[PDB]
Structure formats: C-alpha cells, structure tokens
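Figure: structure with FG-2216.
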Amino acid sequence: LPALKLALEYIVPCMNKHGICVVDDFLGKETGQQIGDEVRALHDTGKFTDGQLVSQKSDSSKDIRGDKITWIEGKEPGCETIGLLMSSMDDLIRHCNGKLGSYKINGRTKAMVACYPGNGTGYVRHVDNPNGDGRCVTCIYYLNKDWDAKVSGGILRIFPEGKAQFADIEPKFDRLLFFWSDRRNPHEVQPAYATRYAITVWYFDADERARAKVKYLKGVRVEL
Ligand SMILES: O=C(O)CNC(=O)c1nc(Cl)c2ccccc2c1O
Ligand SMILES: [Fe+2]
C-alpha cells in the first residue's frame, strides 16, 4: 500500500472513530527481519538498560528488573533500518496531517526501543501523556516473529475512556499500532514469558507542545 492510501483510507477514519489503529504487514518481512536483527544486535552488544526495577529486594542479588530500553535517533551505526522505519512512520503521519482530530503534528521523539526480557515482567496500567506534555499520538512497531500470546503472554491491553471492554493487541511481527497518547487510552502490557521487542515513537501536537514549554520550564532562560 502507498503510504498516502493507508493514511486516507484507513488510519485517518479509524483514529477519528476508534482512536486505536492496527496496520499489519507494514514493512514486509525482509525489512522487518532486518529491523529485528538490528534490535537483537543492540541487545547482544549491551546497548539497552538493565530494565525497570520491579522488585527492589533487600538483598539485591534478587532484585527483579523488567522492560529494558534504548533511545535511537535513526542514523547511528547499526540502526539504519530502524532509521528507515522512523522515516516511514513519519511519512505516514505527514500524510494524515491536519486530519487526525484538530491536531497539527510538527515533531516527534527519538525511537524508544523496548525489550521485555521474558521473565514474566510486563508494564503497569498507565497513560502515556497524562499531564499535557505535547504528545498526541503513540506509534509502536512490533518485531516478534511467530509470537503466540496464549503461550508467551505480552498482550497490550488498552482500556478506552468510558468503555466497558478492553482491546487486546498482540505484539505481532511487522505490526504498527497508533493510538491517542492522552487519558483516552490507558493501557498495560501483560506479563511476557518470551523476549518481546517493540519500537515506539510519540508525535507532538504543535499547540499542546508549545504551551507545555511555558507550563513546565539556565536555559530557555536568557539575558540579564
Ligand atoms: O509495548 C507495548 O505494547 C506497550 N508499551 C507501553 O505502553 C509502554 N509505555 C511507556 Cl509510557 C513506556 C515507558 C518506558 C518504557 C516502556 C514503555 C512501554 O513499553
Ligand atoms: Fe505506554
């Protein structure tokens, strides 16, 4: 699918109606596989953090750690297919510009690459952007060949505002997900029993981010 077609015929109407959108087979398998090798390579060469402290036991031999991360700009040695994905995410968003809510997306973060190490850790119920920091859309790409959740866990459970029900999304190979970052979409990752990779970028709305600047707040100091 051409990027603009996916945008106009799927991502735009779906986001505006449901605020959660799944595109399967986004880059195809040669390119997915390649991103996979790049992410595994970052892992094996120790580029990730050790993982979120889950259980801080008193003896610390026995501390339990969870999701590991690394931030990627997209041009680093070893990361060029990741840079490629990011560029591809950007192209898709830019083809939706204007058309997702009344937002005007002018910015994103670096890619946050996450590895749930498969030791039964997950990620607690949260909202990505609760306090108005400018992030309007979360975009995650999943890396996980032949993932079977019945076996390996690691479902993303989203809990849309004012719904009795949730939405389970499997972290399937070459799947791209978008959802609104704010309190509309509380979500969690259920415990993962196999190594589970995902790559997230967040997109900024211009107005929200411009006044987050003010609210939050050397520099951005000047003078006297
Ligand atoms: O990976 C997934 O399917 C969903 N993950 C997340 O919702 C998620 N969200 C945040 Cl805000 C963080 C934040 C830091 C590290 C990992 C995160 C994470 O996996
Ligand atoms: Fe999240």
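The residues of chain A that appear here are 188-404, 408-414 by the PDB entry count, in order. If you're wondering, the header gives X-ray crystallography, 1.6 Å. No hydrogens, no waters, no symmetry mates; every other heavy atom, side chains included, goes into these values. Whatever order the structure lists them in is the order used to number ligands and atoms, beginning at 1.
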*Name every ligand number or chain letter assigned to FG-2216.*
ligand 1
*Which macromolecule is the chief neighbour of FG-2216 by contact count, per UniProt?*
Egl nine homolog 1
*asked:* For atom 10 (C) of FG-2216, what is the closest protein heavy atom, and at what distance to 0.1 Å?
replied: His313 NE2, 3.6 Å
*Which other ligands or ions lie under 4.0 Å from FG-2216?*
ligand 2 (FE (II) ION)
*Which UniProt domain in chain A is home to most of the residues around FG-2216?*
Fe2OG dioxygenase
_Heavy atom of the protein closest to atom 15 (C) of FG-2216 (residue, atom name, distance)_ = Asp254 OD2, 3.2 Å
*Of the listed options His374, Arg383, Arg344, closest to atom 2 (C) of FG-2216 (non-hydrogen atoms)*: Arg383
*asked:* So, going by heavy atoms and a 4.0 Å cut-off, which residues UniProt tags as Fe cation-binding in chain A does FG-2216 reach?
replied: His313, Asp315, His374
*Does FG-2216 have any atom sitting under 4.0 Å from a heavy atom of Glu375?*
no
*Protein heavy atom at shortest distance from atom 5 (N) of FG-2216*: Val376 CG2, 3.6 Å
*Starting from atom 11 (Cl) of FG-2216, which protein heavy atom do you reach first, and at what distance in Å?*
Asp315 OD1, 3.1 Å
*Kindly identify the option in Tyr310, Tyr329, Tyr303 whose heavy atom sits closest to atom 3 (O) of FG-2216.*
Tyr329
*Checking heavy atoms only, which UniProt-annotated 2-oxoglutarate-binding residues of chain A fall inside 4.0 Å of FG-2216?*
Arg383
*Which residues in other chains are near FG-2216, meaning a non-hydrogen atom under 4.0 Å away?*
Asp254, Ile256, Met299, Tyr303, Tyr310, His313, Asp315, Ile327, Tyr329, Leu343, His374, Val376, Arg383
